Amino acid sequence: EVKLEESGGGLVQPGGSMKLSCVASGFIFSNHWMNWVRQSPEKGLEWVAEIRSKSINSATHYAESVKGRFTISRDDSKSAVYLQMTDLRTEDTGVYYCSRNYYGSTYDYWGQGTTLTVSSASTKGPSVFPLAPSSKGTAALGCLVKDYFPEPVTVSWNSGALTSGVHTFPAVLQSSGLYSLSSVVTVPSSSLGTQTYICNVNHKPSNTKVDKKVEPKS
Amino acid sequence: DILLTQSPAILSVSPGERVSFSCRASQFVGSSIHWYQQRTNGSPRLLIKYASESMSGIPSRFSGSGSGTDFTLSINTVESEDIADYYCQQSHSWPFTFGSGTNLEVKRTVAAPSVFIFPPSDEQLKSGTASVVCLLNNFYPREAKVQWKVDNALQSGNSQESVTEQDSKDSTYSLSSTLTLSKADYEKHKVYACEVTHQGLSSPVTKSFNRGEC
């Protein structure tokens, strides 16, 4: 079967450089035209660059948005295609897919994608604040997980023992360049006096682990 | 570049329903329109090539049609594995371009949200910032209006919303709206209110609190 496998994504500051790699198997690599296609919420799917086969001089082609900054190359002996990026911009942030284009038609095979984040924000763990159950059936409570970078954080409740009714929202990027999110859960009001509720917040990039007990406010 | 307009951005389908969605090219593209499926956290997968030719291994309920500028992907009876995003792509001329996608979601009956408001914690206030959170729990459809009112002044520009993915069990959404003020601005005002308008509520719901009372 055909497999494409990317690597090399990560976090970089604006103006920076980064090289992506992709290894192919399951087809005659040197016959085919290899591409990078990126995806972001703001711009959707965008073709980035293509390098064609050695039989036609390994011609390269670039999207106008990356021309002069990106260089695509291939190494047929390693079945690898690469994307060297320079002068990176915040709007280059996205998931970068290695993809085969079938001789100027479909993108008929795609990798798993590798993530590029271009940001001047510094790595920072979150502050965790309680969302206390209201003193006025069913109650809601949670934890606010504020001002961390980069993504992701993980949130569990009671060390994983509490899963039903949990909603951990997608993170939102604040104007500060830091992320924030809330994790909430609905529980029986009667259980507020018999059961403790602790959110366990882990942020691997900063080696931050925080347990916050959430109780009714006095 | 040739632009591809996909419509609708969001299409709601009931299990067993026959559905279709549209890809319109900003200029003539002949039959060079190709369709892809992308499931949550997955990669695009080629489904249909040259408007109407199905790829091998792709189930027969998928069919494509169209030529010139207006193209259609049809699913004759959606199955739950078809809940995903769908993209079109043209290869008529360079550079190759993609549409913005149509998201397929599960249609269910209307469900009203349960609404909750949370004042900023004393801990956070001690740090110079106040976040006020309004929660809409397990509702459908996704469209809802959440307005913050602070001493009767409608807030604009200082709140952010987040929405969960559709729940796998009850097909609802949940939503947070977070109002962010400086500690000094928070302490200038007394009454903090979140008002929620949703199809499932016979009248809009307001949750509120007086700063510093409990």
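Every chain is numbered from 1 and lettered A, B, ... according to where its sequence line falls, protein lines coming before strand lines.
The drug placed at chains A and B in this model is infliximab. The name for chain A in the entry is Infliximab (Remicade) Fab Heavy Chain.
Checking the PDB entry, one finds chain B called Infliximab (Remicade) Fab Light Chain.
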